[PDB]
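Structure follows of avibactam (bound form) associated with Beta-lactamase OXA-10.
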Amino acid sequence: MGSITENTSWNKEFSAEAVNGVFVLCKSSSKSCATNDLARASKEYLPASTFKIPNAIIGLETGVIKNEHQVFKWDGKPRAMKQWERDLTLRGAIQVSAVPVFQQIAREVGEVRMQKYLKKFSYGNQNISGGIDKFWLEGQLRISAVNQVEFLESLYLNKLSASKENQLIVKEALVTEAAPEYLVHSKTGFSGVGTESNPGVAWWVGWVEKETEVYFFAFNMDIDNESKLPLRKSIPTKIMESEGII
Ligand SMILES: *C(=O)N1C[C@H](NOS(=O)(=O)O)CC[C@H]1C(N)=O
Ligand SMILES: [Br-]
Ligand SMILES: [Br-]
Ligand SMILES: [Br-]
Ligand code: NA
């Protein structure tokens, strides 16, 4: 990251909802970032579902995901969310956020190759301990909002240590809004409601391409009640609207 500046006026959107969280927003052409909370911007949290971004790239890189047209077939046995109980494309599995699909990808990648690529990607604390199929869900892997926007900028620029084609495949799978001169790539996450005195984390990360500008963003918040989950999009959306992005 280049320069980061704390803008405490963004806290207004947080205190209104009694949310403890951070937003990091970087405008590409100026190589500068802003945040409501410098300290929390660098604090590391479980990636949860945002890990589908590196996991998908690594699956393609290692050949575990054969190509972008691979279909992940449902074996017909119960899955934890009904929206996952179906065959899914790579983009579908990311968009509906089908954990079991990505757990099996991780198992087939294996510990050695997973470690190799998180080191290549400078992904968080790069600690994969806790089980190959769950280190990013309940294990020891942690990543900060600053690190997310660094990783996403590299993906946007096709500068990750992976093939350009594999980065491009995952990028189209991350498109969540498309208009003639407005394009959003993003991914949500939710680690859970945590435990007593130890809240879970909710994420929204991505980037916005508007005209010839691009804005990288990462949001996280403490969460111990699922009813608060939509704030992971509404707080950053209000901030980006106040900046004229949205
Ligand atoms: C990812 O964080 N998980 C899978 C799924 N993601 O949906 S979300 O991105 O809208 O948060 C549900 C939550 C979470 C999980 N239970 O693992
Ligand atoms: Br499941
Ligand atoms: Br996942
Ligand atoms: Br949401
Ligand atoms: Na955490």
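Each residue takes its place number in the sequence, starting with 1. In what follows, every heavy atom counts, from backbone to side chain, and hydrogens, waters and symmetry copies are set aside. In each ligand, atom 1 is the first atom listed, and ligand 1 is the first ligand listed.
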Place of avibactam (bound form) in the structure, all copies: ligand 1
By chain and residue number, what forms the binding site of avibactam (bound form, ligand 1) with heavy atoms closer than 4.0 Å? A48, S49, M81, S97, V99, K187, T188, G189, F190, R232
If we only count N/O pairs under 3.5 Å, is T50 in contact with avibactam (bound form, ligand 1)? no
List the closest protein heavy-atom neighbour of atom 10 (O) of avibactam (bound form, ligand 1): residue, atom name, distance to the nearest 0.1 Å. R232 NH2, 2.7 Å
Shared residues: UniProt beta-lactam-binding in chain A, heavy atom under 4.0 Å from avibactam (bound form, ligand 1): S97, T188, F190, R232
Chain A: UniProt active-site residue nearest avibactam (bound form, ligand 1) and heavy-atom distance: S49, 1 Å
Considering only the protein, which heavy-atom contact is closest to atom 8 (S) of avibactam (bound form, ligand 1), and what is its distance? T188 OG1, 3.3 Å
Could you say whether the N/O atoms of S49 and avibactam (bound form, ligand 1) ever approach to under 3.5 Å? yes
Between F190 and avibactam (bound form, ligand 1), does any nitrogen or oxygen pair lie at a separation below 3.5 Å? yes
Just wondering where the covalent bond from avibactam (bound form, ligand 1) goes, residue and atom, if there is one. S49 OG
Only heavy atoms of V99, strictly under 4.0 Å: list the atoms of avibactam (bound form, ligand 1) that pass. 4 (C), 17 (O)
Check this for me - avibactam (bound form, ligand 1), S191, N or O atoms closer than 3.5 angstrom, yes or no? no
Within the structure, does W84 bring an N/O atom to less than 3.5 angstrom of an N/O atom in avibactam (bound form, ligand 1)? no
Okay, what organism does the entry have down for chain A? Pseudomonas aeruginosa
